[PDB]
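Within every chain, numbering begins at 1; the chains are lettered A, B, ... in the order of the sequence lines, protein sequences first and strands thereafter. When reading the values below, keep in mind they use all heavy atoms of this one structure, side chains included, and skip hydrogens, waters and symmetry mates. When a ligand or atom number is given, it counts from 1 through the structure's own listing order. Contacts are counted only within the shown part of the entry, which is not the complete deposit.
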Amino acid sequence: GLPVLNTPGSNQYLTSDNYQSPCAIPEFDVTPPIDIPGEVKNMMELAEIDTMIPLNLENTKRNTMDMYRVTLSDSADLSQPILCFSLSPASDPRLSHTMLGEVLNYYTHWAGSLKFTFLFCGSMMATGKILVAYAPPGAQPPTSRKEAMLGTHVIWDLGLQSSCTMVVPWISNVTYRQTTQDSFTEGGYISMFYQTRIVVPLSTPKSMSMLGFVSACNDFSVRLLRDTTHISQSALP
Amino acid sequence: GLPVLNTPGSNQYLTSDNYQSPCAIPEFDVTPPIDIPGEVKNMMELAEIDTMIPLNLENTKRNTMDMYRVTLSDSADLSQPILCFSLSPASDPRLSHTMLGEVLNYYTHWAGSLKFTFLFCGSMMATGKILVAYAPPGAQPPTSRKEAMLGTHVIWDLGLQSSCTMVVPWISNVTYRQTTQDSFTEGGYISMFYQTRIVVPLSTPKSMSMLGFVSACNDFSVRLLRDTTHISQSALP
Amino acid sequence: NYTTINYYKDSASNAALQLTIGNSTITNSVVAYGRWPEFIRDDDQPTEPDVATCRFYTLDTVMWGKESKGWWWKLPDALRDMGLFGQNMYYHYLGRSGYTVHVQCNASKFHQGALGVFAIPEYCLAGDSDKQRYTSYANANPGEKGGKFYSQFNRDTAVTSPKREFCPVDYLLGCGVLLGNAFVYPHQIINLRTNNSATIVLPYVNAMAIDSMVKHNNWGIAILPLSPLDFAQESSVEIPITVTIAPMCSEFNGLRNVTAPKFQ
Amino acid sequence: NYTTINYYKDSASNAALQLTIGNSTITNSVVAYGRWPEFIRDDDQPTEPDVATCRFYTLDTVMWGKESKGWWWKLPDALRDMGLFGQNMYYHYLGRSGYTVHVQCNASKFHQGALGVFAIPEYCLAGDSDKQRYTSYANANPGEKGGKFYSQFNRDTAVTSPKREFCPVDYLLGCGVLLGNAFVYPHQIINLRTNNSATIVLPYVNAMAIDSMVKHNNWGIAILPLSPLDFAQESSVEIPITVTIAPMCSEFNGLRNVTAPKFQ
Amino acid sequence: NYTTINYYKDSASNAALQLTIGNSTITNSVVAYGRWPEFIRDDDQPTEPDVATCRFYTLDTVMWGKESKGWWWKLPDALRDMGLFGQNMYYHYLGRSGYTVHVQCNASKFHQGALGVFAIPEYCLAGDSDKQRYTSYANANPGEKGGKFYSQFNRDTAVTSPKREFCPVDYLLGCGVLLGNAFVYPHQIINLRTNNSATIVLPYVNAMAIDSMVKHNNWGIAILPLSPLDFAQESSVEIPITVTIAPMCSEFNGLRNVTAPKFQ
Amino acid sequence: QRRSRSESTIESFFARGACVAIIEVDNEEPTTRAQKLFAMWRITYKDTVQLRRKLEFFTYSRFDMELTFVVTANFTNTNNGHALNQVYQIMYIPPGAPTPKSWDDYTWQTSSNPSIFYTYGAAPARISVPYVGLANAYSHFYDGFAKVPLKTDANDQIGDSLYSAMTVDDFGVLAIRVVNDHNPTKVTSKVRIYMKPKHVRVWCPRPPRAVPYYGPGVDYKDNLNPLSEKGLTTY
Amino acid sequence: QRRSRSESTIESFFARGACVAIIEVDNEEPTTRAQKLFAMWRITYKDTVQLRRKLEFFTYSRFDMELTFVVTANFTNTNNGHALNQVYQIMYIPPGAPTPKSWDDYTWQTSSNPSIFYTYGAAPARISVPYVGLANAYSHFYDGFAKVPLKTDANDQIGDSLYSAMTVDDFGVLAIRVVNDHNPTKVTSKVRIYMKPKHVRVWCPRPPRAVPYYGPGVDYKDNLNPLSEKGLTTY
Ligand SMILES: Cc1cc(CCCOc2c(C)cc(-c3noc(C(F)(F)F)n3)cc2C)on1
Ligand SMILES: Cc1cc(CCCOc2c(C)cc(-c3noc(C(F)(F)F)n3)cc2C)on1
Ligand SMILES: N[C@@H](CCC(=O)N[C@@H](CS)C(=O)NCC(=O)O)C(=O)O
Ligand SMILES: N[C@@H](CCC(=O)N[C@@H](CS)C(=O)NCC(=O)O)C(=O)O
């Protein structure tokens with residue numbers, strides 16, 4: 001018949017190949033689909049949904065509801081930070097297990113801006129001001145408000161608004177960052193400080209709780225699918 | 001299905017083949033390129049760049065800076081040559097390790113003209129004249145100025161010009177020459193002599209140094225890629 | 001471009017304010033997946049009580065304190081004994097409906113706390129024993145009263161008379177997933193310093209256009225305290241929480257004798 | 001012609017005088033790769049000191065004698081303590097800039113000697129110990145003073161307190177390549193019998209449009225005596241060599257607190 | 001017709017009277033391969049003596065008797081010492097030329113005999129020892145005198161001082177082929193009963209447009225008696241044979257000092 | 001240009017083969033005691049955890065399937081002889097069809113049931129399957145029962161059923177045997193099944209599993225402390 | 001015609017396969033002591049010297065890759081029996097993905113990681129890879145560090161890093177195992193990996209290496225006298 005020559009790679013099975021194969025059930029009448037609410041077209045759509053951050057991962061509070069709450073008080077040390085973490089969406093323990101982190105753990109490269117939200121859950125009679133700062137990498141992590149205010153920052157008034165939003169933009173030397181810990185692709189630092197103190201009147205609670213959320217923006221992308229480390233198996237059923 | 005007949009050569013791996021193979025990472029978003037200075041399109045472009053020649057490969061001067069310098073003096077024997085070598089760009093020890101030679105050692109056949117440059121690094125008060133000669137192969141290598149001046153030659157005045165250039169044209173019986181030593185494809189000889197002597201006034205150094213450079217021209221070509229002998233290995237990491 | 005021709009005949013082989021409903025009135029809302037409830041499309045005559053079943057029914061009030069860990073309900077299970085809606089449920093083999101859920105909780109300016117309300121499709125909960133999928137029908141359909149969450153997993157170590165009950169865990173959402181991601185589902189937050197009520201509109205969601213309302217629950221409602229309740233410097237604080245649910249665009253089919261499940 | 005059709009959807013699968021800058025003035029030049037420095041193209045607001053940073057800074061003078069083997073500097077390391085350029089470097093996370101380098105060396109008509117000046121992108125030097133890539137940050141960033149070449153490899157045989165310093169070799173260019181081929185890089189030759197100065201213009205070269213200026217050096221400058229210095233029949237001769245560098249088209253981004261590296 | 005498409009990009013992969021010249025005059029001719037000598041085509045300035053080298057040179061006369069077995073010469077070797085042609089040969093690295101060969105032999109009507117003249121390109125002869133390709137340059141370039149054939153192979157059984165000489169055999173043509181087929185080459189027959197002279201015109205033949213004239217001989221001339229010489233009833237008969245050769249369209253290139261080979 | 005989301009699509013997210021079954025089959029002399037001359041595997045994606053976790057990101061799905069089979073054989077003893085190349089038979093048994101009781105019963109005639117004959121040493125076997133769901137989409141989660149107990153029922157076992165289960169038998173089973181007779185030396189073999197979804201559509205995104213799976217359901221038993229320790233004010 | 005420079009192009013200069021890795025994998029009975037049942041190789045082109053020297057002619061590069069795998073197996077003893085044809089699994093593990101700790105752990109499910117199954121005796125395996133650089137081009141030379149020590153650092157080890165290195169883990173690793181169980185006789189195998197660049201662009205030409213390589217960096221230890229002796233006035 002037609003002369004042919006077999007090239008390298010014949011009779012191999014690549015799990016990522018895309019070929020045609022015969023159908024074992026010909027002439028099957030498939031059930032037609034219907035319009036079901038909640039259709040998803042892209043995994044990034046899931047990363048754009050805000051989810052709570054387990055900020056407080058202390059020994060006695062981790063793996064518990066209280067790990068989602070950050071304490072605020074009117075007698076706190078105004079010279080010390082409230083919370084601090086690093087901009088590692090997939091490797092930082094406080095961000096790895098979020099929906100964004102779960103999606104990123106299936107990929108190797110990521111890029112884009114991020115959106116952080118903070119919700120204040122005190123009484124209507126409480127007032128105060130907060131400073132939320134982001135610092136690009138390269139220098140010492142901020143330890144005081146004076147160092148933090150030199151980077152990107154936002155001032156939040158609790159009384160007027162119970163929620164605040166801060167957008168961390170994409171600023172990097174490489175076009176894509178790795179989803180694993182690596183100094184060559186570090187992202188920066190996030191810190192919080194008291195601008196003023198929390199003031200409450202009499203017959204009012206002096207301690208309150210704050211919640212945090214994170215999400216991605218429309219300019220976010222991922223690359224090089226890979227398996228995750230959040231699920232394992234030791235025996236087959 | 002479609003009848004087919006397998007021909008000889010099936011299921012073999014030729015390292016120089018050019019076929020299509022499946023991609024293991026489909027739908028990858030490649031990072032776009034940018035305009036970086038210094039792009040190279042052809043290896044010959046590297047062979048057209050002049051580089052110094054280690055002319056002096058004596059026992060006590062080889063593998064040292066002084067191997068790039070040729071001594072000149074006002075009391076030298078005017079009847080003896082200053083330097084002499086053969087037109088073997090890839091096999092001659094004085095030309096093999098140059099950029100031109102390094103590129104040629106990756107190929108089997110070469111053709112084209114060559115450009116030699118000589119730089120004089122004496123004082124402004126020194127004067128003299130030199131004769132630089134090329135002799136095609138076939139006869140005895142020149143040993144005196146009388147024999148050398150019968151071939152191609154150039155007269156160089158140190159005082160007026162501190163640098164000289166000589167073009168060795170392509171003159172051969174075969175269309176291509178081998179990059180290895182072979183009498184059937186020998187190229188010729190290059191020699192230098194004193195036309196006049198070097199004259200200096202009082203309170204001036206009587207000894208000076210000269211440097212040499214070689215490069216290829218726009219009519220240069222190579223053929224039949226092959227591995228080089230300038231790199232080896234004895235153990236795997 | 002690259003050339004491609006499909007050889008096989010099969011596609012698979014191819015390479016790849018006041019809201020008033022009926023006779024009820026309650027004085028921003030959230031629509032799940034941006035889809036309003038609707039009747040079945042053009043693509044046995046169904047029965048449709050336009051107003052005898054599409055109205056607000058109020059459940060039993062619950063109490064929120066400093067140790068409450070959460071509450072959960074299942075729909076349409078919670079409305080099985082509400083007027084003619086339950087009668088239509090138990091007199092027909094197939095049913096369909098959407099819902100409007102309204103959560104009410106009022107306090108003062110000196111209170112503080114936050115509630116999270118989540119609407120979950122196909123809300124499957126975990127058991128309380130080594131045996132798998134051993135929960136009973138009666139325990140899985142509490143009805144109006146509903147159930148509660150727990151802060152830890154209490155295994156039922158009794159082989160003589162197993163309870164066969166759910167054991168939800170608050171921080172695992174009762175299904176083995178972290179609570180922080182529950183916001184993926186349709187949700188509302190009631191913060192006492194800003195608002196006092198929540199509203200959600202749920203369309204009909206299922207793999208089939210219509211299905212039995214007795215052996216399958218389409219929706220689950222979960223309420224959890226994200227921040228603990230507090231009031232001035234008082235040791236004990238309790239406030240009421242109320243839930244009101246309205247069926248919307250309800251259809252029934254398959255009329256026969258009445259069904260009487262054995263609830264204990 | 002031969003027929004070819006690409007089957008796979010992926011491309012990879014397919015078969016294959018006076019110069020004045022700012023407030024500085026110096027009285028032919030060489031442009032590296034024939035590319036003049038330029039700002040980032042159209043494809044966080046950058047900061048750009050037009051004249052507070054784009055001007056000539058003069059380094060410390062060095063002495064050339066009969067035993068000198070060469071000198072080397074790293075950019076932008078050498079300018080880390082020059083006016084506001086260093087402040088912008090240490091107050092920002094990302095930086096970019098090109099350079100203009102001017103080498104000055106004057107003598108008389110009775111002197112003789114030749115200097116080779118080479119500008120090298122990504123100039124990586126070798127260590128002085130069996131351990132690989134063990135050189136320290138402080139030793140790899142000398143600054144204004146720079147470093148020197150050697151005529152032989154002196155191994156640091158001290159495991160108690162390793163020095164962790166470079167050991168460049170003149171005829172190997174400090175990186176394992178023959179010096180004669182260094183002319184592949186942008187270069188200038190200062191021959192005392194013809195000229196007394198050299199000038200090179202370096203654009204920004206890197207795999208990224210912008211990168212940190214603290215942990216990465218984009219350029220290296222190497223000066224080596226191709227011919228030994230001599231003067232009449234004198235035993236000892238020494239003459240000065242001076243280097244002046246001007247930043248050009250410099251941009252910075254990522255403003256935060258200041259960075260303070262520990263240089264010894 | 002059958003269909004065929006070439007896949008690979010490479011072609012190899014694809015499936016498969018008086019004649020006066022210069023200041024000389026001699027009073028039908030044969031042109032080898034029907035190609036007249038010509039200069040190099042359009043596709044270092046060559047030197048071309050138009051008349052100082054393109055003229056007839058006469059070699060030494062030989063004697064033909066009843067026991068002569070043949071003679072052979074090599075060109076351009078035979079003309080190495082002829083006027084300015086040899087000087088141009090030894091003063092240049094590359095040379096090219098064609099030839100006109102004229103063989104003269106006169107007798108009477110009462111004589112009888114036949115000579116065969118053959119012009120052979122790349123005429124390689126066999127040795128006289130067990131060692132292969134061991135013939136020396138001096139013995140392989142006799143010059144004007146030329147060499148002679150033999151009727152048998154005489155091995156040189158002397159390892160102390162090997163002669164390193166050719167041992168041609170008449171009926172093997174000196175190269176291992178039968179003489180009867182030598183007429184494949186350009187040839188002439190001199191039969192004493194019809195004519196007394198032969199003429200051949202040889203163009204330049206080689207794998208290269210131009211080549212060295214010192215280390216390579218382009219042509220060989222062989223003269224053999226096809227029929228023995230006889231005259232009346234005489235025991236001994238001897239007659240002279242003369243050879244005259246004229247270079248034509250000669251070019252030289254690569255001028256340098258003179259070459260002086262060591263001929264013994 | 002600007003960055004694209006080509007590889008984050010559902011089709012790209014599920015465009016890989018994943019193992020779901022490892023099945024052992026032996027060829028040896030039949031004997032009275034139990035043997036593995038033929039194996040029967042119940043079709044499901046819950047045997048493993050990777051593809052299961054990827055699929056459970058959503059509540060409803062609709063897709064076609066591509067199945068690939070890789071067979072590896074080996075000896076057990078070294079003092080019984082050698083064997084010739086073997087042929088493996090893989091038959092699909094839908095619900096209600098008769099099931100084999102021996103390696104050479106009539107059920108292997110496969111008059112209507114599809115079957116694959118594979119020769120050892122050749123390329124791994126491959127086939128494709130369309131969407132065969134009774135409803136309009138597959139249901140990864142089902143909050144309900146298949147029976148409802150009634151007050152008039154004689155006993156409590158009439159209406160008892162497992163929670164979160166639709167059908168006792170779903171998608172049928174696969175029966176694998178070695179067609180060749182038994183050589184004097186025993187030969188063991190393993191068949192690995194790899195599954196790739198194609199033409200995928202999904203609905204109702206769901207948070208992923210955070211604790212180890214325990215059975216086909218959503219039950220959890222051990223390792224309920226996934227998160228680690230970290231400082232509140234520690235970068 | 002006139003001579004052309006077709007074969008001196010960059011594409012022609014890099015249009016050949018070059019070995020970069022030889023990996024040993026054994027099939028035998030598992031035991032307590034160390035074994036080579038599965039191998040893990042870190043991806044890099046610096047293991048060998050030919051392709052490395054060819055690439056180091058330039059400072060920056062940008063290309064796609066073609067990988068080919070050649071497998072050769074042999075016996076070790078002659079008094080244990082024989083073996084059947086084996087199947088090899090090659091899995092690519094990017095940074096951050098879990099790594100195997102045994103030849104039969106869950107990580108081999110390769111639900112998302114690409115994998116190749118190769119049958120011994122067939123044609124050598126082959127795949128292609130696109131440009132996967134984080135930046136706009138690959139950097140063969142990097143003059144800098146990944147960390148900068150600071151005066152406020154508690155100790156000197158906080159900011160210590162290797163010179164001329166970007167990332168601790170780059171491009172991931174390859175894990176190779178034998179899927180088949182162990183025959184009574186041990187079988188050894190070697191996998192040779194050949195790499196061919198395609199669609200090549202380069203920038204900033206650089207002089208070639210003149211002395212033997214010593215480690216991933218530019219360090220040199222021995223044989224610093226490459227040039228030989230010759231006469232100044234000798235042809
Ligand atoms: C959701 C979801 C989807 C599935 C699997 C559905 C497909 O089930 C099969 C399988 C796995 C194989 C065959 C099959 N058809 O033919 C063959 C054989 F030829 F290989 F035997 N196997 C048929 C069906 C319906 O399971 N859960
Ligand atoms: C410069 C430079 C470029 C490189 C290598 C980049 C490519 O790295 C790989 C390799 C070698 C293989 C795979 C790979 N993909 O799939 C497979 C498998 F299927 F064979 F497992 N291997 C993926 C990447 C990114 O290293 N240095
Ligand atoms: N002979 C040594 C060295 C073997 C080896 O790996 N050699 C390397 C170079 S040092 C190599 O590339 N060999 C050629 C090949 O086997 O592909 C051994 O067998 O261990
Ligand atoms: N080592 C155990 C477990 C083997 C096994 O089946 N492991 C499962 C995960 S627990 C697996 O998927 N292994 C990879 C494979 O063999 O494909 C055994 O050999 O019995």
Point to revise | Name of drug found at ligand 2 | key: pleconaril
Review point. Which chain makes more heavy-atom contacts with pleconaril (ligand 2) than any other chain, name per the PDB entry?
Key: Capsid protein, VP1
Practice item. State which other chains have a non-hydrogen atom nearer than 4.0 Å to pleconaril (ligand 2). Key: B, G
Check your understanding: Looking at atom 9 (C) of pleconaril (ligand 2), what's its closest protein heavy atom, distance included?
Key -> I43(G) CD1, 4.0 Å
**Study point:** Side chain, backbone, both or neither: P114(G) near pleconaril (ligand 2), heavy atoms under 4.0 Å
**Key:** both
Exercise for review: Specify side chain, backbone, both or neither for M65(G), according to which of its non-hydrogen atoms lie closer than 4.0 Å to pleconaril (ligand 2).
Suggested key: side chain
Point to revise | Taking atom 25 (C) of pleconaril (ligand 2) as the reference point, the nearest protein heavy atom with its distance | key: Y92(G) OH, 3.4 Å
Exercise for review: Output the list of atoms in pleconaril (ligand 2) that are nearer than 4.0 Å to some heavy atom of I90(G), sorted by atom number.
Suggested key: 21 (F)
Review point. Closest non-hydrogen protein atom to atom 27 (N) of pleconaril (ligand 2), residue and atom name please, with distance?
Key: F171(G) CE1, 3.3 Å
Review point. What does this entry list chain B as?
Key: Capsid protein, VP3
**Study point:** Proximity of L67(G) to pleconaril (ligand 2) by residue part, where a heavy atom lies under 4.0 Å
**Key:** side chain
Point to revise | Shortest protein heavy-atom distance from atom 16 (O) of pleconaril (ligand 2), along with the residue and atom involved | key: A24(B) CB, 3.4 Å
Check your understanding: To which protein heavy atom is atom 19 (F) of pleconaril (ligand 2) closest, and what is the distance rounded to 0.1 Å?
Key -> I116(G) CG1, 3.5 Å
Practice item. Answer with side chain, backbone, both or neither: which part of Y138(G) has a heavy atom less than 4.0 angstrom from an atom of pleconaril (ligand 2)? Key: side chain
